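Record below includes imipenem (bound form).
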Amino acid sequence: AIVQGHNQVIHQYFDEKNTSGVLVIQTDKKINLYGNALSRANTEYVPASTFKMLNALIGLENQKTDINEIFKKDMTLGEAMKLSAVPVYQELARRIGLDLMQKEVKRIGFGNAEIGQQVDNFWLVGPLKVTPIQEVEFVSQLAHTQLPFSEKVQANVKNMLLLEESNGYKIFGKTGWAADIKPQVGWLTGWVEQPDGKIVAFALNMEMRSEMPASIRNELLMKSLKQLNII
Ligand SMILES: *C(=O)[C@H]([C@@H](C)O)[C@H]1C[C@@H](SCC/N=C\N)C(C(=O)O)=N1
């Protein structure tokens, strides 16, 4: 059920950036693998900023914040979803607390579900790790309102993840970059809502280097989605 797709062209997209990457695509429970390092799909990596999605779900579900709260630029949880915003989501993680965080991460079963003893950095340097296949499954469940959280909480977090609209397609997702571990890990995890309402989920995972532009992840994602006729 998890197979290499028609990967002739996309393999070369990653080769031209001289790095190792995988793109996982999930349609209705069919998963296909693309890129030039397909073994990455079942390899565990720190989630980095992609964990903000689950942090937000947990914080909103447990009424540790709400979508209108202004965190002292002064900004909301949703505004902070796009930005670096280490202070907002670190503050939210401290409000949740280590015990509730570990309980929720175990209930969701996210990755290896281990968060250690420091509630405000376990997603960046370990010990929490997750595979790209696990990330695409998680975000597919979010997109379909199938996670075990309030429907309204899931809708509110989805609304924070809109990256852009084009020609009737909506692209939702979340970037991550673990720059302080070696090798560095880059993420772009999300989904496409096609004009007729169909959902196609993706998880891009690649080795980063410090000279790369952050936009390299979106660049590779968009050219691959176009080649696959997903957009
Ligand atoms: C999450 O992955 C990042 C922080 C919150 O941990 C957040 C910030 C930027 S990375 C900043 C450094 N750039 C290169 N080393 C980011 C991202 O671009 O995905 N996410």
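By the PDB entry numbering, chain A shows 31-102, 115-273, in order. Values below: every heavy atom of this structure, side chains too, minus hydrogens, waters and symmetry copies. Just so you know, ligand 1 is whichever comes first in the structure, and atom 1 is the first atom listed for that ligand.
In the deposited model, most contacts to imipenem (bound form, ligand 1) involve the chain that UniProt calls Beta-lactamase OXA-23.
With the cut-off at 4.0 Å and only heavy atoms counted, the binding site of imipenem (bound form, ligand 1) comes to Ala78, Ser79, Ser126, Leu166, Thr217, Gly218, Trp219, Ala221, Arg259. Shortest heavy-atom distance from imipenem (bound form, ligand 1) to a UniProt active-site residue of chain A, with the residue named, rounded to 1 Å: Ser79, 1 Å.
Counting atoms of imipenem (bound form, ligand 1) from 1 in the listed order, those under 4.0 Å from a heavy atom of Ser126 are 5 (C). In terms of protein heavy-atom proximity, atom 5 (C) of imipenem (bound form, ligand 1) is nearest to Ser79 OG, 3.0 Å.
Among all non-hydrogen protein atoms, the one lying nearest atom 10 (S) of imipenem (bound form, ligand 1) is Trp219 CB, 3.9 Å. Set against the non-hydrogen atoms of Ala221, the atoms of imipenem (bound form, ligand 1) under 4.0 Å away are 15 (N).
Using a 4.0 Å cut-off to heavy atoms of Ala78, the atoms of imipenem (bound form, ligand 1) that qualify are 2 (O).
There is a covalent bond between imipenem (bound form, ligand 1) and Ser79 OG.
Atoms of imipenem (bound form, ligand 1) lying under 4.0 Å from at least one heavy atom of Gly218, given by number and element, are 2 (O), 19 (O). Against a heavy-atom cut-off of under 4.0 Å, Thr217 is close to the following atoms of imipenem (bound form, ligand 1): 17 (C), 19 (O). Of the protein's non-hydrogen atoms, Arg259 NH1, 2.7 Å is the one closest to atom 19 (O) of imipenem (bound form, ligand 1). Per UniProt's beta-lactam-binding annotation of chain A, a non-hydrogen atom lies under 4.0 Å from imipenem (bound form, ligand 1) in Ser79, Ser126, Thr217, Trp219, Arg259. Applying the 4.0 Å criterion to heavy atoms of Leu166 picks out, from imipenem (bound form, ligand 1), the atoms 6 (O).
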